[PDB]
S.K.: 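I'd like to talk through a structure of salinosporamide A (bound form) bound to proteasome endopeptidase complex.
Within every chain, numbering begins at 1; the chains are lettered A, B, ... in the order of the sequence lines, protein sequences first and strands thereafter. Determined via electron microscopy, 2.9 Å. Note that ligands are numbered from 1 as they come in the structure, with each ligand's atoms numbered from 1 the same way. Just so it is clear, the values below take in all heavy atoms, side chains as well, and ignore hydrogens, waters and symmetry mates. We show just part of the entry here, counting contacts only within that part.
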Amino acid sequence: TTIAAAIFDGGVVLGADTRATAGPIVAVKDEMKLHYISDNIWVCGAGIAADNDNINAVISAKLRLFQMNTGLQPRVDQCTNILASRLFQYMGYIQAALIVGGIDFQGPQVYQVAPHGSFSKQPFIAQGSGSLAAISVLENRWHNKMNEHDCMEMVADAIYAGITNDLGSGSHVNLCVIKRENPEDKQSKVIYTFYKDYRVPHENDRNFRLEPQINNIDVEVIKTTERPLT
Amino acid sequence: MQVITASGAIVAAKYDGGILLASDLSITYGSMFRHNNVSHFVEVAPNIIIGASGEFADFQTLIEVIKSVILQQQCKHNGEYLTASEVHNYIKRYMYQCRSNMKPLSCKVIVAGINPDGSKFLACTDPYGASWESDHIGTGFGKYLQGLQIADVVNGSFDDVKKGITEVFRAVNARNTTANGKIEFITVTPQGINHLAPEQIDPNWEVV
Amino acid sequence: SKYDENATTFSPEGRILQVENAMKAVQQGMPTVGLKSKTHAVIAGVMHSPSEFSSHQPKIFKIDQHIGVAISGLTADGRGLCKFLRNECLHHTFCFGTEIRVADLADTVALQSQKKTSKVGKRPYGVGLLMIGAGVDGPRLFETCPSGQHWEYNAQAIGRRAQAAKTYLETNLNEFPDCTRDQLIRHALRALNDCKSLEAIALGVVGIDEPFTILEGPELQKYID
Amino acid sequence: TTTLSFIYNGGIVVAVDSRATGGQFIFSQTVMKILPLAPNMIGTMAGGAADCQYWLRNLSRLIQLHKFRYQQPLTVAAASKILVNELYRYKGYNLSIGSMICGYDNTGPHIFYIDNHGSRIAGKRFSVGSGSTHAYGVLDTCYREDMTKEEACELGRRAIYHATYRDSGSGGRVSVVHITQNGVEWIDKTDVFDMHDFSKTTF
Amino acid sequence: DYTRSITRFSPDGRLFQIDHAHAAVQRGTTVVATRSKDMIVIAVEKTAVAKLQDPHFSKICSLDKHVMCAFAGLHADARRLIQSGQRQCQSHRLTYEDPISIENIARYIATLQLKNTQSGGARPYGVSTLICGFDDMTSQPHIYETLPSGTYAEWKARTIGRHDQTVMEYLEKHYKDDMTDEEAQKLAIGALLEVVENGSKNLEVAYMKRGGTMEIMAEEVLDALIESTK
Amino acid sequence: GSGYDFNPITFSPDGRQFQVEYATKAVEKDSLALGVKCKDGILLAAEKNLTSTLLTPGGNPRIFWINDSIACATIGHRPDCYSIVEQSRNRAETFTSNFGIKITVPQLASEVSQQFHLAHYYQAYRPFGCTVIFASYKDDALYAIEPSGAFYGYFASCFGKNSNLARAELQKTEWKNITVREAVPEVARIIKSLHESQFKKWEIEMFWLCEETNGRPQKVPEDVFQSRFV
Amino acid sequence: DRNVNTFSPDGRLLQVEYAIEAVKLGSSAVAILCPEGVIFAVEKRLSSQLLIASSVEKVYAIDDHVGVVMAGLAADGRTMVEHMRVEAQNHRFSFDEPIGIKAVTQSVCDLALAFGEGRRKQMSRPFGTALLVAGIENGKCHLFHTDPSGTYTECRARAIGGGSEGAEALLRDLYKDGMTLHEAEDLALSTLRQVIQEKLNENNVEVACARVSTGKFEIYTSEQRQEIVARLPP
Amino acid sequence: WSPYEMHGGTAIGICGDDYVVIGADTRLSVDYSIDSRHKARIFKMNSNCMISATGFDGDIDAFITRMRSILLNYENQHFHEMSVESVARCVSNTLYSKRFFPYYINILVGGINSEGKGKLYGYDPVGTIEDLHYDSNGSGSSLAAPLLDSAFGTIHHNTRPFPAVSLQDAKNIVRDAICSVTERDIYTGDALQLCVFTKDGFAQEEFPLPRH
Amino acid sequence: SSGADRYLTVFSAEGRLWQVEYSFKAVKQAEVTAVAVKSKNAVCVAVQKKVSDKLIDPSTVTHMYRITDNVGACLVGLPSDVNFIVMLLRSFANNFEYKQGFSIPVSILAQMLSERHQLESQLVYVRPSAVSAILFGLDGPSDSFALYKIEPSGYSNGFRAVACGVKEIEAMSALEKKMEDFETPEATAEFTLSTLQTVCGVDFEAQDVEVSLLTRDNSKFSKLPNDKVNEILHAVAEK
Ligand SMILES: *C(=O)[C@]1([C@@H](O)[C@@H]2C=CCCC2)NC(=O)[C@@H]2CCO[C@@]21C
């Protein structure tokens, strides 16, 4: 896995590869590792896919219930505190290395949350197996108050670096750009644009396939029964 | 049972006027000399001092427990403190409780005090909860680097017991890695607890 | 009357009528007398014999080596309080290794009775305890009440016909501090005799060095004169 | 340890050694490995000494409680069942109980092998202990149904003696008990030192 | 939990709640349990709409293969008693491997009723139970009557429910010390008929033979015995 | 009058807590105890109208230790008085366990007023018919908690019978201008002036927390002021 | 009032007094202590001849040495005797000795007054049964009386049940400290017969002896009850 | 982490016709270090019996406190001091109550029963009870047991009557056996506490032993 | 079970929670009135500080409490209930800060207090806490001032201006009849103290009123020292 969220001038760009491996085998080639938390907060997670999915769903439910009861926009530090407390109370057994990326009244905030509950506000973060290959790009191409497009390209290139250099990472680069609908208006609605398959590396696609599929296995049917679908 | 932030050796010995306890004022983090001027003894009552060799975190937790219980019994008794025997019995029962809960206080705790009847009471409770009352108790390397230097002068004059404890702690400073700094002396007498000036007990360094 | 519903209900006058009913239940117990000298403490009482051929129900109990209590009221509640006090003495002789002070036992039993009177669904103990102890605190006598309070006394009488015993104790109050063990026991028996309606009177005597002991029947004959 | 109990036409003969030994040292040679449970029921002690003694006196308490609660006394099957259920509730606590519940009830003689593990095996011939294999060899080789009381008691005594000889864990004195309809009878405690025949040169 | 001490003493010394539970019993259907040297017989009268309901809801229950059980009173309190009694029979088998003594199980049912008389927030069982059966440990058929008060007494022939006094008088008059099994059947059937103006279509008769299970009398044999008694 | 006076949590149609008012009546029945903050310390004086001459001289305390720096004068229902004393000791011990430092009379009073209020706020409790005056020189605090749970810091507090006149007399002195040793005669004169003639034998249980006591609670020594009167 | 653990303005637990009344509504029972043994004679109320008398046993053997006879509510007495049996077997298990008569009496009494109401989850009402606990302890027969209040008293002679007061009045001038067990049985059966409303018979009476010579509490069989009723003056 | 200190020290009990002589070394010591040269391990439980515990001293103190608590409870609830046989059963049950967290102490309950006869009961840490004429516990149990076997021959011939050894002879046997153990067992040493329970009550003697 | 509708918090035959209304009257029993005014630039809460006896240390006779640094609470009601509510609002705030990681907003604190007052008005074994609570502060997420009132019923609302206590009806009437979108914090403070003074019908001194004026500058809660209170009172006595 390669997940990387950075903070650009107008918002946050989160990114994730789409490769879930069931050991040394690529179980999923379109895996969704960017989890919607709230309209302003997205978490891209690594570690155990079940743990990441469930904890992101649970915290998204908590913050949706929060925004409903209280009418308040969930805060990125609030989401990060909830995530860190939950991961600490499970003593790292919920292997969800998360990167929270959102925009609240404090501006664009990217937090890391380790599976053991250790969080940290950082401008750019990379987690997962390819986290190092990604963070190199993030280390070299992130600067204060970069525009949306440069941060998008940097985070996509960091996810691509994780994809190519790391075996646990691969397939496509899904991005999610949290940004204010009116960047000049700091009080404008925080919207998100999810770029599914933002990068689709052509050198990483299936380049060959038998047009006449050769098969010498013959199916012998012991018994057939047809039953209505209602 | 694990010792990290450890208090060094303690040598307590009864002399004519009371109990003389010596120990360095240094807490060692593993082997590092981390903290200085940290007394290993805590005056829990006007005539009851409590020291401990071993983990000093477990001795601060034990002192919290002791002070809370003494405060309970003092509020009950309108100012009257627990006796040295009662305080040591509570420490024995709480350290055995901790050992029985499998979370032992990894500190050998010396209770030195004058009971209201005037009899010197010096007792020790090891991390496991085994307690014993004795006229002289060494804990840590003060137990090991002792010999007959205390036993021969125990219950003797203050000068003789002080010299014996000084010999033992010269041995400790020479041959204990965790022995760092001045050796504080505390006299628990029926007239109160007096912290004598800490003394640098130098090993004989003409050996080289 | 209408506010005599629970031990948790205050009457418009500030009185807990169920607490007062329990106090009367104590006042309906057999005459109990307690005395306190500078060296010894004594509790005595005419034990109750429900039937002619039934023995006199024990009234004096030994809580600890130097602590005893004379119950007045529901003897079952008295036994429950004796169990509680013995547990407290055993947890003070476990935590501290010495004998608890009868003052601390009075505090604990008062606290328990008050918790009985402060929470609904509980009744005040229908028994009053004359506790005598001896220790570093000296000899001390405490009359614990159902309401949840203990009154320290040099002498005291409770139960039925206890006004005559109280009058005797008031007359001889200044004698008690210097009275010896034998003289304090004699004063106890002669304060009970004024309440007579011996083989009924049981007397527990304790001293600073003397452990609490219960004398009954002919054993007390030597203390009559 | 070595305890044996067998049902012959005349009753139940229960013979037990008296050795308690841990490792090499013989902690005792006068250990009583037969604990009475009912007037006509006993329970043998093998394996852990404390466990067997506590649980057999607890079973005696439960049998007395049942007999006083209900006029009918607790049977040997019911008693062994109580014991085995209690011991099985402590599975995984490293209890060590080997115990033959030998009694005469309304349905006749009954021996139930009870173990810490919860096994409750009815049978007419059991032996529990380190030397129980030797007692089993002597029993199964010399056991008859029509043995007199003396013959059956001597069979149990000699089986325990051979177990004590061939096992370091068995020794002391053979406590022999004869259980009949009438009730438990304690035959005698025979020192295995006296049972050994020193005129033999083979053992 | 709720503890309102439903059952309390009255100034005259009576547990009025036990009186009311007895009233509930006395409004229940009549039950008549009689015994012989080798067979027990229970006859419960049944009030029902023969044309509109199934008469298969029986007051006679089988706590175990050797414990037969009938009741008079609230059918739900009786169902709870029978369920607990069956559980106790199986638990006695678990704990002892021996069939629960009829005295033992009757004591258990009476102790259930008694605990309801003693437990705060618990309404005394408005049911009087006839626990009958056979003990191999005693070689005697037993018929215990457990009351709502929690008192159980063995009887040679006992009746509960409505008309219990008339049926008791009939039992006392027509009881033989050494009845045969068919004589016990005749006594129970006649005692129930003394208050019932209907034949097999109303009565329900079960029985337990020595070392046997509970067998419900047929509607043919029952009618034959009814006619023979008359 | 109306039925709103039985349940402590019940509010009278005028908003009155009748059970709390009756607890306050219980306080007002008791002999007055007072406290005054002085230059050198705080002096708590409790009038003990000895019901019997047999009561131990100097026994039956009304001023209690709560902490090595906090004393507690008590007025009202003596069972409730000592219950609150022990609950204050437990609250101080729990405060030390949770926070390490020794509790202060303001927050000790808040924590004990929490129990006072719970008594008449949740059902199943009786309001404490006791007013507790916590004094601490080391905290320069004299906080009196009332039966309702209302607690106020006082320059000079007093509760019990003739408490209004006692407060009016305490008002005549600027207590902080003087020390405890010269405050003792003034408070003693106040109570003696208000002492009722009906009570022949009585005592003035004075305690002080001062520099002379090193801030520790201590009964005023008999030589300084013989507490016992006739 | 209206709650079980309430004290009357006279200082009495109302439920306790009402349980005493319930005991006064129970079958009579006379316990006569003599140096040879303690003898219970109990009225077995038989509403019918079909009632198995052995099953309405008002006498219960708590242990080999100690027994108990009830008066009042037979079910509450069953709870009390069950507790006493468990206590006696626990005492034998814990101290390898028969439980003292006073000890088991005190245990059941402590159980007696533990009733409560109004607190979250205990018995809800006092035991409506008074027990005459008797047994052999250290080669001596001890007779104790427990009533619903939880108070127990050692007794040389005692009566519980409907005829309790009349039985005690009859025992006034009939009971002596040196009677033989023969005389104790005769006195117990005579007092019971006097305080019951039916002619005494072996089937409507239950007799039991805590016998010092045997050191055991046995319950008399029909033959022994006949052997006693035959000797009576009537 | 092992919650026991495995303290050494020997206790030798000898039951007589009318006495019980338990001699235990005072020394408290484990791992070549003597925590306390004097640390009494025989305690007068009541006027009927004494308990001698050898092993972990924390467990000795805890078990002796529990036994004193239970004997006080028995005196309060059963109105007489617990007998030596009752104390023995209580010791067995108390030790077994911790069957899964055993007191690592070997117990000798020596007392005088209602018959006036001496009663010694030997124990293992998990609560095995055994009515014994003699027993040895602690570090020098293996050393001391042959001494008692030779003195009495009970192990050599189990079924023969236990020899009528006088009170003073049994005290001398315990002293000599404790001295031999002290000579051989390093943990045994310092002072011998020789307690004797007789009809006259609990008597105690302190004899020096080799400190080394 | 009939008859509990007036003594317990269950609905009456006419559908009213009589105990809740009686808790409102118990709030009236506080003998003190609070007026809070909220403006775009500040929120000022003035509550009369009536010390009945001057033997009492006035610093302890307070109806204004620090729930958090940013959130204050002017609580009018039974003093015991007021202390319970300060401890329960502080507990709410601490639990919220421990879970969510940030200081509790005034709106969420008002919701939690309303939930507690609903558990009081529903659980018949819990007395309705007789405290009319004026929670106020500067919410960071909106960087705007929040002013909520939670009545003993739990009926919680956000207010431009609110009032509690004996003159609650008259104070609210005066507030609504004179509310303005003030342009300065000191005009909000002047209006607050003027409305409180007018409804209480007595001239105020700093000794006789606790005023907390949370501005955009001083967002953190603090009761104004007597100097600023006297200055505002003089400004209110100008006209
Ligand atoms: C990524 O860390 C990874 C993915 O399965 C990932 C898990 C969390 C989000 C969903 C998809 N976790 C793994 O266990 C493998 C090992 C290498 O990294 C994975 C692909």
S.K.: Which other chains have a heavy atom within 4.0 Å (strictly less) of salinosporamide A (bound form)?
M.R.: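 Other chains under 4.0 Å (heavy atoms): A.
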S.K.: Okay, covalent or not for salinosporamide A (bound form)? And if covalent, which residue and atom?
M.R.: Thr1(A) OG1
S.K.: Could you help me figure out which residues touch salinosporamide A (bound form) at a heavy-atom cut-off of 4.0 Å?
M.R.: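 The heavy-atom binding site is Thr1(A), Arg19(A), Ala20(A), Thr21(A), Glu31(A), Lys33(A), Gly45(A), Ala46(A), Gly47(A), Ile48(A), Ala49(A), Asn52(A), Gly168(A).
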